[PDB]
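Here, brexanolone is shown bound to Gamma-aminobutyric acid receptor subunit alpha-1.
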Amino acid sequence: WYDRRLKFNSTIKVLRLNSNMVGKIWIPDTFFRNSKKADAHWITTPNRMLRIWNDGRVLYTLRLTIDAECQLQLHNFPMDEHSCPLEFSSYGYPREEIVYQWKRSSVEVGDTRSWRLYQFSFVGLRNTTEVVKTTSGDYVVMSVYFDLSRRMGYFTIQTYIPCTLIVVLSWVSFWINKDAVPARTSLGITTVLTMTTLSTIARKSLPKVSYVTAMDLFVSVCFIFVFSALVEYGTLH
Amino acid sequence: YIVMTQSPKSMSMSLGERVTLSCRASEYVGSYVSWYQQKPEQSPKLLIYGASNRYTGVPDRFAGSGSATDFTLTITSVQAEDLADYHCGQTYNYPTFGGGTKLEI
Amino acid sequence: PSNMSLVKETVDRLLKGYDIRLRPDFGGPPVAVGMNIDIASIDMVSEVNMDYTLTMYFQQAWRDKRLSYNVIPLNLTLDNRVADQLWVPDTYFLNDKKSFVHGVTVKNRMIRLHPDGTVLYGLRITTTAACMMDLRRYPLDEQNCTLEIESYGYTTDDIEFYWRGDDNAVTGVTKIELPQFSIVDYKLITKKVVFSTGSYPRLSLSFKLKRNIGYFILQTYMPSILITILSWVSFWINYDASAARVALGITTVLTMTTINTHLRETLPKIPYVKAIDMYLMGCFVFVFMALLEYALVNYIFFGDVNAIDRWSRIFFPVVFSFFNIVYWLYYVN
Amino acid sequence: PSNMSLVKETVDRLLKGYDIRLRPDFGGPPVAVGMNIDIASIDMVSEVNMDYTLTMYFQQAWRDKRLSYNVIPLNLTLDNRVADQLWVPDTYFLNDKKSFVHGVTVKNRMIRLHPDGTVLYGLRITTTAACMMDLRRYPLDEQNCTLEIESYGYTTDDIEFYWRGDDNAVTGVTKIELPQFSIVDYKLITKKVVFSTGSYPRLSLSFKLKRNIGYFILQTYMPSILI
Amino acid sequence: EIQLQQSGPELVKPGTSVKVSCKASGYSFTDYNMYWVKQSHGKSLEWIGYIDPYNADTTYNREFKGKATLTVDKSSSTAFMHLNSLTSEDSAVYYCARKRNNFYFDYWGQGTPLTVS
Amino acid sequence: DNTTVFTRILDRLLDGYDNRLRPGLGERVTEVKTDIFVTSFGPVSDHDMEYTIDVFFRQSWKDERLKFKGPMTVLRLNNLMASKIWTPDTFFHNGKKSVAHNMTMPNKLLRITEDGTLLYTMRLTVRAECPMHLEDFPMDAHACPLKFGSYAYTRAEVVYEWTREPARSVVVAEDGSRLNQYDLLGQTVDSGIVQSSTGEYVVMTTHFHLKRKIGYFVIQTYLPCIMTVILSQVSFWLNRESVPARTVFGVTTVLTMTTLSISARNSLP
Amino acid sequence: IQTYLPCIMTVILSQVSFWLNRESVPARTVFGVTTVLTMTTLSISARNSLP
Amino acid sequence: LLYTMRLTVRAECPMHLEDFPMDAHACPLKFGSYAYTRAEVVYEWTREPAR
Ligand SMILES: *[C@@H]1O[C@H](CO)[C@@H](O[C@@H]2O[C@H](CO)[C@@H](O[C@@H]3O[C@H](CO[C@H]4O[C@H](CO)[C@@H](O)[C@H](O[C@H]5O[C@H](CO)[C@@H](O)[C@H](O)[C@@H]5O)[C@@H]4O)[C@@H](O)[C@H](O[C@H]4O[C@H](CO)[C@@H](O)[C@H](O)[C@@H]4O[C@H]4O[C@H](CO)[C@@H](O)[C@H](O)[C@@H]4O)[C@@H]3O)[C@H](O)[C@H]2NC(C)=O)[C@H](O)[C@H]1NC(C)=O
Ligand SMILES: *[C@@H]1O[C@H](CO)[C@@H](O[C@@H]2O[C@H](CO)[C@@H](O[C@@H]3O[C@H](CO[C@H]4O[C@H](CO)[C@@H](O)[C@H](O)[C@@H]4O)[C@@H](O)[C@H](O[C@H]4O[C@H](CO)[C@@H](O)[C@H](O)[C@@H]4O)[C@@H]3O)[C@H](O)[C@H]2NC(C)=O)[C@H](O)[C@H]1NC(C)=O
Ligand SMILES: *[C@@H]1O[C@H](CO)[C@@H](O[C@@H]2O[C@H](CO)[C@@H](O[C@@H]3O[C@H](CO[C@H]4O[C@H](CO)[C@@H](O)[C@H](O)[C@@H]4O)[C@@H](O)[C@H](O[C@H]4O[C@H](CO)[C@@H](O)[C@H](O)[C@@H]4O)[C@@H]3O)[C@H](O)[C@H]2NC(C)=O)[C@H](O)[C@H]1NC(C)=O
Ligand SMILES: *[C@@H]1O[C@H](CO)[C@@H](O[C@@H]2O[C@H](CO)[C@@H](O[C@@H]3O[C@H](CO[C@H]4O[C@H](CO)[C@@H](O)[C@H](O)[C@@H]4O)[C@@H](O)[C@H](O[C@H]4O[C@H](CO)[C@@H](O)[C@H](O)[C@@H]4O)[C@@H]3O)[C@H](O)[C@H]2NC(C)=O)[C@H](O)[C@H]1NC(C)=O
Ligand SMILES: *[C@@H]1O[C@H](CO)[C@@H](O[C@@H]2O[C@H](CO)[C@@H](O[C@@H]3O[C@H](CO[C@H]4O[C@H](CO)[C@@H](O)[C@H](O)[C@@H]4O)[C@@H](O)[C@H](O[C@H]4O[C@H](CO)[C@@H](O)[C@H](O)[C@@H]4O)[C@@H]3O)[C@H](O)[C@H]2NC(C)=O)[C@H](O)[C@H]1NC(C)=O
Ligand SMILES: *[C@@H]1O[C@H](CO)[C@@H](O[C@@H]2O[C@H](CO)[C@@H](O[C@@H]3O[C@H](CO[C@H]4O[C@H](CO)[C@@H](O)[C@H](O)[C@@H]4O)[C@@H](O)[C@H](O[C@H]4O[C@H](CO)[C@@H](O)[C@H](O)[C@@H]4O)[C@@H]3O)[C@H](O)[C@H]2NC(C)=O)[C@H](O)[C@H]1NC(C)=O
Ligand SMILES: CCCCCCCC/C=C/CCCCCCCC(=O)O[C@@H](COC(=O)CCCCCCCCCCCCCCC)COP(=O)([O-])OCC[N+](C)(C)C
Ligand SMILES: *[C@@H]1O[C@H](CO)[C@@H](O[C@@H]2O[C@H](CO)[C@@H](O[C@@H]3O[C@H](CO)[C@@H](O)[C@H](O)[C@@H]3O)[C@H](O)[C@H]2NC(C)=O)[C@H](O)[C@H]1NC(C)=O
Ligand SMILES: CC(=O)[C@H]1CC[C@H]2[C@@H]3CC[C@H]4C[C@H](O)CC[C@]4(C)[C@H]3CC[C@]12C
Ligand SMILES: *[C@@H]1O[C@H](CO)[C@@H](O)[C@H](O)[C@H]1NC(C)=O
Ligand SMILES: CCCCCCCCCCCC
Ligand SMILES: CCCCCCCCCCCC
Ligand SMILES: CCCCCCCCCCCC
Ligand SMILES: CCCCCCCCCCCC
Ligand SMILES: CCCCCCCCCCCC
Ligand SMILES: CCCCCCCC
Ligand SMILES: CCCCCCCC
Ligand SMILES: CCCCCCCC
Ligand SMILES: CCCCCCCC
Ligand SMILES: CCCCCCCC
Ligand SMILES: CCCCCCCC
Ligand SMILES: CCCCCCCC
Ligand SMILES: CCCCCCCC
């Protein structure tokens with residue numbers, strides 16, 4: 001931003017400074033609206049930078065770790081795709097006092113290879129700028145949307161493949177002789193009961209949300225097959 | 001309230017012999033039991049506080065002790081000036097004293 | 001630049017000779033502090049810890065004749081760091097167990113002086129507030145979790161709380177998308193609690209939360225029913241199949257114990273039977289009786305029998321259906 | 001209140017022109033610092049994290065001529081906030097992972113000046129110290145967990161350590177009641193560790209912990225024996 | 001030295017009231033509560049009530065609730081107990097004591113004999 | 001200008017005031033009268049042998065340096081004046097990690113009566129160590145202590161005391177109880193002297209008498225233990241020729257009994 | 001000793017069934033299903049040690 | 001000036017768990033100035049880089 005108070009004329013074009021001067025000048029009170037918890041970095045010293053040009057430009061950057069809030073909607077899981085936002089605005093200064101605006105270089109997303117994003121893939125980013133009305137005034141809000149697409153490779157080996165394979169164990173009951181009453185029931189009860197454990201541990205990976213998800217749908221249908229396979233022998237005998 | 005009961009209503013221990021006085025509290029009183037000596041036509045005189053600590057200016061012969069609900073005042077060698085009624089009280093709650101215990105020879 | 005210079009003299013004038021130690025109108029009538037909340041989110045209701053976490057834009061307004069200015073016709077919003085130089089109410093939440101004000105990129109705090117003297121002061125607060133829950137009807141339960149806003153050091157003779165806007169003080173409650181619950185209602189109360197140190201003003205923000213039974217139906221009840229349903233297939237098996245029916249009956253009864261034990265682990269160490277418990281125990285009786293149904297059949301034969309299988313093939317589905325009807329009507333209604 | 005005014009003048013003189021940046025006998029012989037621990041408790045002896053939590057009253061005693069007074073006959077116990085205005089040894093525990101000084105009702109510290117200049121400086125510290133455990137004979141094993149008290153910036157030419165009272169410097173070890181450990185022995189050592197930056201004083205307080213096997217029969221051996 | 005001097009011997013007929021004083025000396029009178037004790041002839045000491053001299057907050061034994069009213073004067077370091085509706089059973093010697101701590105009664109009064117007949 | 005009268009009073013009190021020196025230093029012992037109001041008795045963590053407790057820790061003492069005369073007989077102040085004056089350095093001997101709540105502001109009050117008396121209460125969440133002897137678990141009761149005293153000042157420097165009768169000085173809020181599997185039967189208090197390396201100190205002890213409620217363990221361990229014992233006895237009523245059926249009865253119950261034994265110990269240390 | 005040996009003993013255990021007489025169907029069937037279910041737990045339990 | 005400090009740095013080490021558990025990683029620890037460019041602050045190893 002520009003600060004006419006901080007303008008100086010000399011041979012020096014910019015004053016490049018450390019975190020020491022940050023607390024001495026006016027800094028905007030930017031906060032992140034959906035941050036559950038965030039913190040700056042302080043080792044070895046505060047990870048802040050400050051640069052001042054002749055005309056009055058102030059560049060102020062700092063390193064932040066933001067535990068933002070992304071409201072996932074896992075109706076279809078683990079194929080869900082999300083657009084996780086990151087909103088920020090001035091906490092106190094209304095639209096008549098602090099106006100934000102994206103620079104030309106909106107977001108310089110770094111090399112995505114080293115990211116800890118295992119479940120998802122960073123599809124792309126999108127920015128906006130809109131005025132949210134609140135009880136304390138009208139505030140300009142700027143939000144960055146990150147588009148994240150789930151990968152189901154782990155869940156297949158973790159959940160579906162065990163769920164698929166156990167269902168096959170029910171089918172081999174049919175090839176087993178009907179006369180072997182303990183064998184058929186042994187396979188049937190063992191097959192259905194372990195299906196219950198797989199559903200719970202598979203359901204455990206999800207949070208406590210009151211709606212059936214796609215993963216829940218698969219295990220339930222697999223539950224029908226194993227249950228029907230046991231019931232098939234019950235009527236067979 | 002908490003009632004303090006002194007088991008020996010009277011004591012006839014001869015002079016110069018160890019004499020023990022007992023004081024029983026119906027319920028817990030911690031260590032807030034104090035012993036007072038009241039010679040005839042005199043106000044009470046503090047001797048032991050805290051159920052073990054001796055008030056300043058008291059002869060060292062007096063030595064109280066006791067856990068909750070069981071408190072005793074032992075005089076190792078009663079002398080000619082220790083003959084009087086003894087009162088034990090508790091201040092763990094609203095103060096209630098016990099029946100005085102008199103000494104004789 | 002006249003306003004920049006003029007505003008500087010005004011703000012400098014106010015803070016000069018300002019005593020943070022004395023409240024507004026010290027030694028006089030109580031200062032009326034209006035409060036206004038905007039719930040940002042209710043992160044998680046925890047039965048294990050008997051608390052919920054709530055993020056809010058806690059705002060409170062009051063009058064201070066010392067901070068009254070009239071030279072400039074506008075409302076001055078200042079750096080949050082000015083709050084450390086002004087008297088503010090010592091408001092505290094009697095329930096909070098672990099709470100903080102967010103501090104990135106700066107302390108999430110607001111100050112706005114108005115010409116009349118009104119001070120608008122806002123904080124962004126995450127509070128983990130204690131909420132003891134009566135889980136007797138759990139999971140068909142309805143909790144009433146509160147937030148007890150109160151002044152610590154100032155009695156009713158020194159301070160006074162009110163909801164700025166009688167029922168428009170609290171906002172955002174409708175949009176809160178709590179996964180486990182549904183916020184049925186919220187009430188705003190004002191009281192005066194008396195301690196041995198004096199009488200203090202109290203504001204209470206209640207939330208009547210209702211359980212979303214849908215999550216538990218798929219997770220807890222449905223396995224119990226199917227485990228109970230498959231218990232009855234033992235009755236259609238031949239009587240001379242001890243290895244099979246016993247294996248089935250033993251397998252089913254043990255599974256009910258594991259489900260009941262597994263379910264109860266997630267909850268606190270609560271010393272009474274909940275609605276879920278009275279169902280799992282109810283289903284345990286049926287499956288165990290089915291195991292004893294065969295043991296009765298086996299003893300009568302080795303130690304007629306087909307009739308016991310037939311009647312048990314009709315009674316067990318029926319008497320379990322009534323158990324559901326009586327159970328659900330008692331609890332759901 | 002006459003004596004209070006007298007004490008105020010004395011305590012005011014000591015901190016007047018007192019350079020907190022310079023140790024006692026700066027530019028002179030090393031200052032000898034005496035330590036004595038009172039083990040309040042040992043908890044969270046965890047092999048998953050390879051650490052144990054130690055609560056103690058950590059006292060340090062050293063002579064500072066600048067803080068010598070003679071007018072007052074009694075030893076002055078001052079408010080703990082005075083410690084921020086006094087030079088204190090920069091001792092740290094090398095194997096400490098996470099530590100704090102207890103904070104309620106106030107900072108759990110003590111400053112006690114003695115007329116000759118001695119400074120008794122106590123803290124109540126809860127330190128999670130690293131203890132690398134050899135589980136080869138677990139659970140029938142004896143572990144040797146230590147605490148490595150050392151000066152950070154001051155070498156042996158600027159500071160010295162000694163157990164104040166020698167073998168009677170550490171107390172409370174007998175009273176400590178660990179659930180699954182018996183504290184068979186404890187030892188006190190005085191070393192001199194050499195780094196690239198110089199040689200520094202070192203006090204090592206080692207406890208030999210012996211594991212109680214009674215718990216593991218109930219849950220580990222007997223279930224496997226019965227099966 | 002501390003000394004708690006009291007009114008002195010009294011004689012009174014049943015039905016009428018009486019007041020007894022306890023004059024403090026030697027210590028800050030408002031620092032410590034003042035307790036009142038009754039002792040009938042050859043009987044255990046009985047606590048009547050105590051008054052906090054600073055704010056004159058009183059607490060009474062349930063038996064003496066209403067029978068006795070405790071009042072204090074900051075100016076003159078004195079404590080007063082007022083008894084009304086006197087009967088034969090109220091004839092005894094009344095003591096005043098200061099509670100130095102929550103452990104003991106430090107200094108007791110001389111003892112004020114009372115007679116109702 | 002109306003407040004300027006009171007501002008000049010506070011300036012006078014702190015003028016030439018040394019908050020490093022206790023009242024009556026070198027002249028008298030500092031009597032601190034203290035009481036506790038337990039707003040809630042937090043949960044008991046038998047795994048860590050500790051309990052949580054939220055209190056209004058009140059403590060009062062006389063400071064002759066803070067006498068004043070003015071229109072008001074009590075100066076009802078905020079936390080800022082607490083740091084400006086001397087206050088006792090109380091601490092909890094068995095405290096593990098306590099919290100001095102400061103949301104929205106430091107939860108403290110400071111009242112200076114015109115005679116110099118101070119009332120200084122503060123809201124705390126003390127997490128204290130309660131050594132438990134679990135020989136009769138789960139049918140066991142404990143007296144969890146809450147000891148406190150001065151950290152630096154010996155008995156000759158500051159002495160603690162209960163502001164009311166010791167029975168009446170620890171008060172528990174009627175609706176304040178966060179215990180799940182315990183009942184707060186009551187509390188008892190005491191005072192004593194403790195020796196240490198630094199000298200004799202006064203310790204104010206409070207024992208909260210708890211009693212576990214076995215309702216959970218009845219329906220978590222005993223009932224499963226009782227029923228698996230009943231299951232094993234169903235085998236006695238099956239014909240002796242059903243070897244697989246009676247064998248699965250034995251192994252299943254034995255394995256079930258094994259996991260219950262392993263599962264049961266997981267709650268406690 | 002946490003994953004490979006339990007996997008190697010399970011597969012060796014499952015091959016014990018080849019020496020059991022073919023006429024013992026329940027004995028060999030419980031040999032089969034119990035080893036497969038054992039394998040499933042090993043697979044799931046192996047992943048939890050990693051992200 | 002010699003300015004030393006004791007730190008417990010929790011650095012990021014991206015791992016390729018393709019050969020897990022027979023895997024080896026080269027965990028990095030990169031550091032430098034936050035505010036000063038290469039034209040203002042330069043970093044160097046006090047001894048040979050190896051030592
Ligand atoms: C209730 O009590 C709690 C304590 O339990 C108080 O919390 C403390 O508040 C103080 C004051 O705000 C904090 O001190 C500041 O700390 C800054 C760095 O802190 C980092 O390290 C500490 C550990 O030492 C961590 O605890 C911090 O993380 C926690 O706090 C942050 C928010 O700060 C949260 O986001 C986290 O989640 C954690 O909860 C941090 O990681 C420190 O830089 C700062 O000192 C600068 O500012 C002061 C202001 O005057 C200057 O005097 C000083 O010289 C420093 O200024 C230099 O650096 C700045 C940096 O830009 C430059 O701008 C300047 O120009 C100059 O160069 C200060 O010391 C303390 O950390 C915090 N937490 C504690 C003690 O655990 C609450 O505030 C209190 N009140 C309420 C309402 O809750
Ligand atoms: C500095 O800040 C103050 C306060 O924030 C601003 O003053 C506000 O200005 C707005 C703009 O006009 C006012 O808006 C309307 O004012 C009406 C007047 O009401 C007065 O009468 C009573 C007093 O007993 C109160 O209602 C009120 O405090 C006023 O004193 C209100 O009646 C209006 O109410 C409703 O209007 C519409 C109806 O649809 C709704 O949208 C509103 O939300 C509201 O429900 C409305 O409020 C406002 O009242 C002023 N408030 C005050 C306290 O003065 C200054 O303008 C500002 N200065 C700047 C920006 O320079
Ligand atoms: C969650 O659970 C809590 C339980 O703690 C409920 O809290 C109570 O809710 C009820 C219903 O709203 C409240 O009842 C109210 O009582 C007031 C009287 O007490 C106050 O009186 C004065 C104020 O006048 C205070 O200064 C004083 O300190 C007392 O606190 C009434 O004034 C209220 O208004 C109604 O009064 C009568 C009926 O009594 C009507 O005729 C009036 O017209 C008016 O409608 C009201 O009655 C109660 O105070 C709450 N607090 C408690 C019990 O501690 C929550 O309501 C509940 N919330 C949800 C969402 O479930
Ligand atoms: C200000 O602080 C000082 C320092 O503590 C106080 O002075 C010390 O008070 C302690 C009280 O604990 C005294 O300790 C006793 O010292 C006796 C003599 O020790 C001499 O020799 C040692 C040898 O190292 C010197 O360090 C010491 O200075 C003395 O010159 C010992 O004999 C005592 O131990 C004995 O205790 C009992 C009873 O005697 C026996 O049964 C034991 O077996 C054992 O023999 C004890 O250690 C000490 O005398 C004082 N001086 C010191 C430590 O130098 C001041 O009193 C204090 N000011 C006040 C309170 O106003
Ligand atoms: C690492 O460990 C070190 C241990 O040394 C900690 O450093 C100490 O931290 C404390 C807490 O911040 C510091 O205490 C501060 O002292 C300042 C100076 O006090 C003197 O000067 C003032 C006037 O300026 C006099 O009034 C006073 O009597 C002293 O003579 C105070 O100004 C500070 O006040 C701050 O806190 C109070 C709390 O009530 C606020 O009201 C104030 O507004 C202000 O915010 C503060 O009290 C201490 O000086 C530090 N050094 C030492 C040697 O103790 C580190 O905090 C710790 N952590 C880190 C990250 O380093
Ligand atoms: C946990 O594990 C640690 C190991 O890291 C143990 O700590 C080591 O303990 C040993 C033995 O106590 C220390 O070894 C030496 O102990 C000597 C004690 O004196 C005896 O030995 C000398 C010389 O052999 C005899 O003259 C004397 O009569 C005694 O029999 C110290 O004096 C040693 O220091 C001297 O020697 C070294 C080496 O030559 C010199 O460098 C020194 O400058 C000094 O002159 C030496 O300390 C050993 O130091 C301890 N620390 C280590 C190895 O780091 C713990 O004991 C163990 N826990 C328990 C409870 O035992
Ligand atoms: C596998 C699934 C099973 C389900 C099947 C369904 C059927 C099972 C039905 C289960 C529901 C009934 C259980 C509910 C438990 C809560 C009530 C309670 O605990 O009672 C009391 C227990 O306290 C006492 O009074 C002591 C009595 C202990 C009795 C131990 C059980 C009987 C043992 C004999 C059996 C062995 C002999 C058999 C030999 C053949 C109340 O105590 P509290 O509430 O905890 O709190 C402490 C006291 N307080 C309240 C004063 C504070
Ligand atoms: C992040 O936000 C910024 C700000 O909106 C986006 O950059 C801005 O994009 C608009 C629309 O393209 C630019 O205006 C347009 O400029 C072009 C080229 O001159 C012109 O042909 C159009 O008629 C229109 O005027 C705007 O200039 C540009 N911002 C700046 C500073 O130049 C940016 O695209 C956003 N990032 C995304 C969507 O990833
Ligand atoms: C006669 C008969 O048919 C037999 C078949 C099964 C038997 C029950 C098994 C479980 C037993 C547990 C305990 O041993 C007490 C007796 C107990 C209830 C038995 C009652 C008699 C039964 C019904
Ligand atoms: C600064 O100096 C330049 C030339 O040196 C001049 O053009 C400019 O006006 C000056 N700016 C001021 C004095 O603000
Ligand atoms: C563990 C899962 C048991 C089977 C759930 C049956 C309920 C129906 C689920 C599918 C609805 C679309
Ligand atoms: C105290 C509550 C007792 C719970 C009893 C559960 C079993 C009742 C249902 C039985 C259905 C046959
Ligand atoms: C021991 C449990 C037996 C349950 C029998 C229920 C079915 C009706 C009995 C009919 C007997 C002819
Ligand atoms: C409010 C949701 C209640 C749904 C109950 C469904 C379970 C009924 C099972 C009946 C099986 C015989
Ligand atoms: C815990 C007290 C309420 C008991 C509710 C009984 C109704 C549920 C069904 C029980 C089967 C008859
Ligand atoms: C009624 C549940 C299914 C039992 C098997 C029925 C076969 C005809
Ligand atoms: C929206 C509620 C859905 C509940 C799950 C379906 C029944 C198992
Ligand atoms: C709220 C109702 C959820 C769906 C119930 C399913 C009944 C089998
Ligand atoms: C307290 C009622 C218990 C009834 C359970 C049914 C018989 C096992
Ligand atoms: C519980 C069953 C009892 C009846 C069995 C038949 C008579 C021996
Ligand atoms: C699902 C229960 C079926 C009941 C069938 C009864 C007739 C044999
Ligand atoms: C409190 C009684 C619990 C039920 C005992 C179970 C007997 C089979
Ligand atoms: C180094 C481990 C070798 C053991 C393999 C197991 C062979 C059955």
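Here is the naming used below: chain letters follow the sequence lines, and residue numbers restart at 1 for every chain. Side chains are part of it too, since the values below use all heavy atoms of this structure and drop only hydrogens, waters and symmetry mates. First listed ligand is number 1; within each ligand, the first listed atom is number 1. Be aware that this covers only part of the deposited structure, with contacts counted strictly within it. Quick check of the header: electron microscopy, 2.5 Å.
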*Where do all copies of brexanolone turn up in this model?*
ligand 9
_Mind listing the other chains that have a heavy atom within less than 4.0 Å of brexanolone (ligand 9)?_
C, F
*Quick one: does atom 16 (C) of brexanolone (ligand 9) have a protein heavy atom under 4.0 Å from it?*
no
*Close N or O approach (F:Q233, brexanolone (ligand 9); < 3.5 Å)*: yes
*Quote the name the PDB entry gives chain C.*
Gamma-aminobutyric acid receptor subunit beta-2
*With backbone taken as N, CA, C and O and side chain as the heavy atoms from C-beta onward, which portion of C:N298 lies under 4.0 Å from brexanolone (ligand 9): side chain, backbone, both, or neither?*
neither
_Tell me whether atom 6 (C) of brexanolone (ligand 9) lies less than 4.0 Å from at least one protein heavy-atom position._
yes
*For atom 2 (C) of brexanolone (ligand 9), is the nearest protein heavy atom closer than 4.0 Å?*
yes
*asked:* So, anything else - ligands, ions - within less than 4.0 Å of brexanolone (ligand 9)?
replied: ligand 20 (N-octane)
_Can you pull the source organism for chain F from the entry for me?_
Mus musculus
*Is atom 20 (C) of brexanolone (ligand 9) less than 4.0 angstrom from some protein heavy atom?*
no
_4.0 Å heavy-atom contacts with brexanolone (ligand 9)_ = C:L292, C:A295, C:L296, C:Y299, F:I230, F:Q233, F:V234, F:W237
